[PDB]
Novice: 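Structure of dovitinib bound to Fibroblast growth factor receptor 1 - open in front of me now.
For reference, positions follow the sequence shown, starting with 1. All values below come from the heavy atoms of this structure, side chains included, with hydrogens, waters and symmetry mates left out. Heads up, header says this was done by X-ray crystallography, 2.0 Å. Counting starts at 1 for both ligands and their atoms, in listed order.
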Amino acid sequence: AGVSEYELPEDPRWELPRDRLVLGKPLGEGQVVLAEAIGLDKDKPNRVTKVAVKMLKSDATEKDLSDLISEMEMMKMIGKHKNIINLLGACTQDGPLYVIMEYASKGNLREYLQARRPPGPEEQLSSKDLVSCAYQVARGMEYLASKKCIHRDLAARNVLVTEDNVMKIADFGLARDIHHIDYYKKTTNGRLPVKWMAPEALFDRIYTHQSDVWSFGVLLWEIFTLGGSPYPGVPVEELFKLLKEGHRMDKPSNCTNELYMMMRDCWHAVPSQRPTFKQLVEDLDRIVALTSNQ
Ligand SMILES: CN1CCN(c2ccc3[nH]c(-c4c(N)c5c(F)cccc5[nH]c4=O)nc3c2)CC1
Ligand SMILES: [Cl-]
Ligand SMILES: [Cl-]
């Protein structure tokens, strides 16, 4: 097929033999599939680990390859954290590139939240559990900011949830060209990504840790609305006009004034005035401690 024009250098720190990998069902679309890995840890060769594997489609170009490589190398550099999707290994030699990453069995946080809305098929979440989820997501972002990583698309759809209900930030290492970002393309739930972007990111294409903090304000809103859709019915130009006039979303029905205040602070018009992720981690810690299970 032409796969591939260049040569991939080997990296013994991360390489896994291809036959140690037992590929399973598609998880999403580069496409990500569930797989079983035999002997991921080279001191325990007879255990399988469920993992997710990212790979190129048959249609891919040298550019897609380069992008996937960039994400893998960024992930090597950023190192490990409980609340991000971690690099586990890679198959780079003698065949298609496979990037092996942590598997989150309950899927993305948006659907996870929606599936637990009171009926009108699992159980409802307590206030404490919602705040704990915000807290975990903030800890992940604080780790990434400390490693000088700007996410640029933080949203519930890019938070994954493990078997053990651990929140893990995903897709922080993607290489995208913000200038070819089409404001009109929609997500696969049908929503417009532009609704998570800070105004200076939106209008001026300036991406900072402060604009990530704006996005985290929107994610908080998602959490306390149980996976609700920001600015429903609103198209891109009307959104621009809302933001230019200083509109901010209403306080979700079940949500304390302290948490809504946290949201509004994340949405400060002056970026320097927004809290940092470190501050959010401390505030959410205290609030988790003061929130009832019941
Ligand atoms: C009934 N249940 C619904 C939720 N279920 C589910 C659905 C989709 C899912 N995608 C991932 C997943 C990624 N998409 C992913 C990535 F795109 C990059 C890096 C790591 C990744 N890890 C993942 O674990 N997990 C999923 C679980 C399992 C079945
Ligand atoms: Cl590490
Ligand atoms: Cl979404």
Novice: Enumerate the ligands or chains belonging to dovitinib, duplicates included.
Specialist: ligand 1
Novice: Which UniProt active-site residue in chain A ranks closest to dovitinib (ligand 1) by heavy-atom distance, and what is that distance to the nearest 1 Å?
Specialist: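 Rounded to 1 Å with heavy atoms, the UniProt active-site residue is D153, 11 Å.
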Novice: Identify the closest protein heavy atom to atom 10 (N) of dovitinib (ligand 1): which residue and atom is it, and at what distance?
Specialist: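 For this ligand atom, the closest protein heavy atom is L27 CB, 3.7 Å.
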Novice: Is atom 1 (C) of dovitinib (ligand 1) less than 4.0 angstrom from at least one protein heavy atom?
Specialist: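 Within 4.0 Å: no protein heavy atom nearby.
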Novice: Most contacts to dovitinib (ligand 1) come from which UniProt domain of chain A?
Specialist: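 That would be the UniProt domain Protein kinase.
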Novice: Of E102, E29, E71, which has the heavy atom at the shortest distance from atom 22 (N) of dovitinib (ligand 1)?
Specialist: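 Selected option, by shortest heavy-atom distance: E102.
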Novice: In the PDB record, where does chain A come from, organism-wise?
Specialist: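 Going by the entry: Homo sapiens.
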Novice: What protein heavy atom is closest to atom 24 (O) of dovitinib (ligand 1), reported as residue, atom name and distance in Å?
Specialist: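 Protein heavy atom with the smallest distance to atom 24 (O) of dovitinib (ligand 1): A104 N, 2.5 Å.
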Novice: Who's the nearest protein heavy-atom neighbour of atom 14 (N) of dovitinib (ligand 1), and how far?
Specialist: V32 CG1, 4.3 Å
Novice: If you measure from atom 29 (C) of dovitinib (ligand 1) to every heavy atom of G107, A170, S105, which option wins on shortest distance?
Specialist: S105
Novice: What makes up the binding site of dovitinib (ligand 1) if contacts are defined by heavy atoms under 4.0 Å?
Specialist: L27, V32, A52, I85, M101, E102, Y103, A104, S105, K106, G107, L160
